[PDB]
Structures are given as C-alpha cells and as structure tokens.
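Here is how names work: the chains are called A, B, and so on, in the same order as the sequence lines, proteins then strands, and each is numbered from 1.
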Amino acid sequence: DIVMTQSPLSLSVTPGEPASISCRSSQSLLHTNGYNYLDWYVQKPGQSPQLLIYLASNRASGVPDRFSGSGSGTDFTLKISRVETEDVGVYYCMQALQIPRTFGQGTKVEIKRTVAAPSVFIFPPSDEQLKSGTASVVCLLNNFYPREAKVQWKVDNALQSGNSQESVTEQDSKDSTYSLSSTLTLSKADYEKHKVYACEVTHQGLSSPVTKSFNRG
Amino acid sequence: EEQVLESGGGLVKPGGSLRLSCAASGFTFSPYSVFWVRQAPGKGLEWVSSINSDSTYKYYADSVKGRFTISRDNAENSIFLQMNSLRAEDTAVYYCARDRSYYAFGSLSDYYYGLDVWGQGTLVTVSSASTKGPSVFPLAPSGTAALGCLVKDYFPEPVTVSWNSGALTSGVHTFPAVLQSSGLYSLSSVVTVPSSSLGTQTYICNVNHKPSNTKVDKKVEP
C-alpha cells in the first residue's frame with residue numbers, strides 16, 4: 001500500500017504568521033496524466049472534515065485563499081499564508097492514486113497567543129453525590145494559555161497521587177485559550193474523615209502557584 | 001450538494017452486527033462513488049470501504065475484508081455499510097463522504113475532485129460492557145461565579161449537555177469524557193455567570209444520554 005507521513009505532527013503559530021505542513025509518500029503520486037493525486041483535509045473540533053486542496057495544488061471551492069498546496073512525486077506541502085484563530089484543527093494529507101486510500105497521521109495546529117493565567121475554582125461534592133457512596137472534588141482552570149499546567153491536590157496538607165484525572169478542552173477558535181478540569185475521586189468514607197481540601201495550580205502565567213481551598217468533610 | 005448524515009451507530013458486543021446508513025441532503029448520491037472513513041478513539045483517519053456509482057466496484061480495507069459489506073439505494077438516496085463479526089478495534093466514529101469525481105468502469109479518476117462532503121459521523125462502540133445512564137450532580141457556585149454539572153458513571157459515549165435549553169451558550173465549557181478505572185465515563189460541564197445573577201437567574205443543565213434513553217435536568221443553585 002502507500003504510506004503517508006506528515007511533518008511536523010504539531011505546529012504552534014501566531015495569528016498573521018505563515019504555517020507549513022509537509023507530507024511525504026512511500027511512492028510517487030504522479031500519474032501518467034500529469035497530475036499528482038494528493039489531497040489535504042482539515043478536521044476541526046466538532047465539525048465535518050473539509051476538503052482544502054485536491055490534485056496537490058488546487059484549492060477546493062469555498063476554501064479561503066490563504067490556503068495553497070504544492071509539490072510533486074513524493075514530497076508535498078500545505079501552506080497557510082497568514083494564520084487566523086479559527087484555523088485550529090488537525091490537517092491530514094490523503095493519497096488518491098490507489099486503493100486503499102491512505103491518510104497521513106494528522107498535524108495539529110495550535111494558535112499561539114500571549115500568556116493567560118487560569119481563573120481557578122474549586123467545587124466540593126454535592127450532598128446529593130455523597131448518597132452514591134463516592135465523593136468527587138472538582139478543580140476548574142478556566143481560559144488559559146499555554147495548555148501546560150500542573151494541578152496538585154492536597155487533603156489536610158497531604159499531597160495526593162493516583163486518585164485524580166484531568167480533562168482539557170480543545171483550543172477556543174476565538175480566544176485561543178484552553179480550560180481544564182481536575183477531578184479528585186475518593187470514597188465518601190475517606191472524604192468525611194478529612195477537613196481541608198485544596199488544589200494548587202502552577203502555570204506559566206502565574207508568578208507563584210494559586211491555591212483554592214475549602215473546609216468540610 | 002451540501003450535506004450527508006450518518007446513522008445506525010451504537011453499542012454492540014464483539015461478534016455482533018450493525019448496519020450504518022449515510023443519507024444525502026441537497027444532492028443525489030447516484031453519480032458518485034462514496035467512501036467510508038473511520039476515526040478510532042483519539043486517533044487519525046483510516047479508510048474503510050468504497051462503492052462506485054453502479055455498485056460494480058466495492059472495495060474494503062484489509063482489516064474489514066469479509067466482515068463488512070457496502071451497498072447503496074437510489075430511491076433512498078442512501079449508502080449502507082453492513083458490519084458483521086464486529087471486533088473491539090472496530091470501535092470508532094464512522095464518516096461517510098461523497099467523492100465528486102467521475103470514476104470510469106475503478107480507484108483512479110481522470111476527472112478528480114475529491115471528498116468534498118463529509119458527515120458529522122456516527123459512533124460505533126464494540127464492547128461487552130452494559131449500557132448505563134449517567135448520574136448528574138450539581139457543581140454549585142461558591143464578580144463572576146463558576147457553576148456546573150458533573151455527569152458521572154455512564155456507558156457508552158456520547159452524552160449531550162446544554163444549559164437552560166440552549167439559551168445559555170456563552171461561557172460554557174463541556175469537557176471531553178474521561179474513562180474511569182471502573183470502565184465508566186465521566187465529564188463535567190461548567191459555565192461562568194454573574195455573581196449578581198444568582199439570586200434571580202435559574203441555571204439548569206440538560207443532560208441527554210441517548211444510548212440508555214435517559215434525559216435528566218438538574219438545577220444548580222447556591
């Protein structure tokens with residue numbers, strides 16, 4: 001079959017700056033009719049995948065003119081001349097020379113913006129949840145950049161390990177920020193034994209870590 | 001030609017069967033080859049199957065050969081993918097896509113355009129685990145206040161969360177579901193609102209889990 005490889009696998013670009021993604025095939029995509037059978041697609045958070053470029057260098061109708069493609073044989077490039085905030089997504093090349101159709105790994109495009117510290121909130125478990133026998137404590141980091149953050153849980157000043165999970169949103173298409181949840185899970189029995197619950201957040205945008213805390217349990 | 005919609009996806013046990021459908025809106029499928037492409041959990045795109053305009057050329061990825069069968073019906077303006085002997089690793093979002101090219105009478109077009117109309121996708125989950133509807137808990141607000149709903153212990157994906165019947169969208173973040181140790185999913189949906197509104201505005205999260213036919217509303221109050 002034909003194997004497709006993209007480089008890089010991740011890009012971070014300031015709005016207004018150009019971005020380039022390379023695609024390499026394991027054999028030539030140049031057909032004897034003179035055309036190169038390489039497409040580019042984009043998949044954005046919660047949307048139908050979109051055709052950007054076909055036959056290596058042709059922009060599909062409806063696609064902004066900031067997009068162009070080039071290359072021949074086994075080496076191809078998608079270029080975005082001036083990135084916009086809505087360009088966040090994953091970009092794939094696909095060869096259309098042979099069956100099976102094959103895709104590159106995907107290249108994630110992130111929009112670079114100025115550093116933004118998270119707003120932090122902590123939520124004790126509801127009285128309602130405690131009836132289930134489990135207690136979830138939720139720490140929310142809202143609207144921050146960059147994505148990297150450390151969240152540390154302490155229970156009566158004892159550091160927690162192995163009992164929390166994180167989830168992060170896709171980058172916002174307008175403000176280029178992320179939000180993150182950290183959820184600490186313990187038995188109602190263990191929750192009710194301790195008094196102070198705290199999440200400490202460490203982030204590029206915070207000169208010193210921020211702690212949010214509550215008393216109960 | 002403007003849209004397609006995939007349906008038929010859901011939870012099935014390994015060894016089981018499902019039939020997916022892809023229906024065209026705003027154009028007719030008849031002139032075109034149609035492709036199925038899937039995306040396994042947090043991974044990239046992989047081609048599954050294709051069928052040409054008159055059904056003489058049906059192609060399948062090696063991984064599904066002999067297990068999947070593609071077909072089409074003009075009267076219904078639809079393409080179908082019958083999936084038999086399902087495997088755990090068939091778990092994926094399945095997309096249908098119209099190729100606008102002319103294919104002569106098979107894999108290579110001299111009049112190529114490409115896959116220009118794709119659907120939103122339908123999730124197929126292949127697992128021995130049982131369906132379970134979520135429990136929904138409020139995240140009560142303690143300037144700007146944050147509040148939310150914890151949507152806990154459900155299977156399979158997906159759930160949908162809205163706020164105030166869709167009236168509240170600004171400031172909403174619904175987190176990607178995370179698989180817990182138990183093999184059940186959990187997520188939170190949060191929104192920020194004015195602290196001064198808490199006494200006079202109602203906040204209700206609307207949670208829908210189609211796979212278990214559960215629909216829950218939860219009032220979030222201080």
Q: Which pharmaceutical agent is found at chains A and B, per the PDB annotation?
A: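 It's listed as MSL-109.
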Q: Under what name does the entry list chain A?
A: MSL-109 Light Chain
Q: Does the entry give chain B a name, and if so, what?
A: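 The deposit gives the name MSL-109 Heavy Chain.
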